[PDB]
Amino acid sequence: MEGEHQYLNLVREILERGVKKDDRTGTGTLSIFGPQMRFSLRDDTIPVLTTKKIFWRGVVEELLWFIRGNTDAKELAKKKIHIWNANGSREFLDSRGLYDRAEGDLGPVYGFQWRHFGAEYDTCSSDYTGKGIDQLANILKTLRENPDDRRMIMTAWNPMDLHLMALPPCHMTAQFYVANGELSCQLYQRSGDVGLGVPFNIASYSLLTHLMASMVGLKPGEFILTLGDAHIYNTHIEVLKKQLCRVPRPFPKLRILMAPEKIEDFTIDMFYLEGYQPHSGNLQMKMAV
Amino acid sequence: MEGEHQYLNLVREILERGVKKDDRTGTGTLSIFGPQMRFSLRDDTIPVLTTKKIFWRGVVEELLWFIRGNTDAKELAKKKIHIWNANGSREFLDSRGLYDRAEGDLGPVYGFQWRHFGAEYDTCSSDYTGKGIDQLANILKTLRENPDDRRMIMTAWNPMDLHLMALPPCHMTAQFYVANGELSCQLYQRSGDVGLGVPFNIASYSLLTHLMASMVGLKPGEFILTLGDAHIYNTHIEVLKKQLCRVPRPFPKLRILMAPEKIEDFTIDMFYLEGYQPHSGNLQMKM
Ligand SMILES: CN(Cc1cnc2nc(N)nc(N)c2n1)c1ccc(C(=O)N[C@@H](CCC(=O)O)C(=O)O)cc1
Ligand SMILES: CN(Cc1cnc2nc(N)nc(N)c2n1)c1ccc(C(=O)N[C@@H](CCC(=O)O)C(=O)O)cc1
Ligand SMILES: O=c1ccn([C@H]2C[C@H](O)[C@@H](COP(=O)(O)O)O2)c(=O)[nH]1
Ligand SMILES: O=c1ccn([C@H]2C[C@H](O)[C@@H](COP(=O)(O)O)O2)c(=O)[nH]1
């Protein structure tokens, strides 16, 4: 009942006890409230699902993009990452009342808040160096100097910047914790697409915990995802029932070849997955409009 | 197990698996990270502990004080609630570099954030009417018009206001959710004194959920407390081991006589605890 079984058990529970709940978009969900998953990062483990192939290059390039404080979707499209193109399109910015916003300029989403909380937003190409509160740098410093501190919070939930964002954050608040020279991270995610998004999010914050651990001379401990509204979309049900038949294989290991002086200078070449052995191909379409 | 056993199990888990940890001040804790408790608010139930008498009048008056957006500790001292006196004292404010702050003025803590997020703070006696984002009012409106919304977040965690606060928030972020016309609340608490503060916090946010439910014509559902650093102070250990020998009695019920048009106009006279039968014993000292 550890590891990937955590995720599979969450899928069953939503399928068996979920509540029907039309939703934001034209399509329905089965939904529960408040479920939690815990993943061991010990022995270099990283919880990348084996019952479904995860787009690992996508996870890495998006996280490095967050860590840099970047908000331009075009930067991800250049590395053939398409996950933010929809929400940064002329149509979608216009539907959000952001008419004077250049295509691919998502506003002060995630990374911007991580590295520049409270800074005035101009455009995604502006220079934000030394502007706002650098929550991530502050946490890294606290992990070196005072690891027992109970206020190591990094949030993207800034009520004043929500109207400027293409989308309000999902993975909204992370807390860090140290015991026995092990770094743990809890993520509060207000809303989780359990089929498509959550497996991505688990890989994202697990990697972040690994990377942050290597920056401050600590071993990785646990990643804990706590969800608000965890839902499966009605379209994903039959696909997920198939995924549940698959026997999980051991989780891959993360190898880190080096850690740079500044966390924002990490590149995909500095680390890789060793032993990632996922199963066959199966799709899950995401719905909006 | 369900109910109060959620709390007693958490205490046991910290005593048996907790990590030793010298903390903020010259004392130790046993600590774990990320534990969760779920409490039913169905059939009018409110999870006020029966294995230890909870200072219910304190819970109610502090929450009504939060809901008003009040930050003056002296308003609570007038109702013989002393829980915020220490942190609003001359000495404590000075130790925090708040030399130009009048005794009892805690800064833009909790409620202020609930009702006035991002508003510029002056003093606790200033008029904040219509200033900053009223997160609580926005949530109440969303529960009437669009209960399926998944952004019903009320937060006290304002990175820019932390330096002006007497203390940074513990109970920092609540989310609300609706399913089968039942209102649920999840609380994220970054740090929890499991012995003294957590029982109080459980009563506080359970009451808020009951009150909010009656404002918008929904029934109460579940209250979920998710902790960051869940810790027992070494000084509380022996007392808590005794509390665990006590067989819990059924939780009391909350009776609400009426609901006013605006939630900040609730008064202690509008509701009461029916059937609260705690055990007699006591103890537990702060720090
Ligand atoms: C983390 N994330 C954000 C995300 C996830 N789920 C969502 N679900 C919904 N309903 N709505 C969203 N806006 C949403 N956003 C993701 C994750 C994966 C993909 C995705 O489309 N994955 C493709 C790869 C996309 C691509 O081709 O670049 C895949 O084949 O796995 C999109 C967004
Ligand atoms: C919820 N809360 C805030 C609280 C709780 N635990 C803390 N623990 C620590 N270490 N530090 C804090 N600032 C703290 N604050 C509480 C709860 C109860 C009492 C308390 O001691 N109760 C007494 C005093 C209340 C009074 O006399 O007015 C009682 O009579 O019930 C204090 C703070
Ligand atoms: O990293 C992300 C971003 C978005 N979503 C999904 C969760 C919801 O199903 C969907 C829509 O978000 P809201 O409706 O909650 O705004 O986005 C995720 O699961 N993960
Ligand atoms: O509602 C509250 C407020 C505070 N605390 C406790 C948690 C910690 O023991 C202490 C706050 O200290 P830090 O977590 O900020 O170090 O107060 C609670 O349990 N509940």
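Throughout, protein chains are lettered first and strands after them, A, B, ... in sequence-line order, and every chain is numbered starting at 1. One-based numbering, in listed order, for ligands and for the atoms of each. Values reported hereafter were calculated over all heavy atoms of this structure, with side chains retained and with hydrogens, waters and symmetry mates removed. Per the header: X-ray crystallography, 2.8 Å.
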| message | I'm curious - which drug did they put at ligand 1? | response | methotrexate
| Name in the PDB entry of chain in most contact with methotrexate (ligand 1) | Thymidylate Synthase
| Heavy atoms under 4.0 Å from methotrexate (ligand 1): which other chains do they belong to? | A
| query | If you take every non-hydrogen atom within 4.0 Å of methotrexate (ligand 1), which residues does that pick out? | reply | A/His82, A/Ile83, A/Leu167, A/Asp193, A/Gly197, A/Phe200, A/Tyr233, A/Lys286, A/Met287
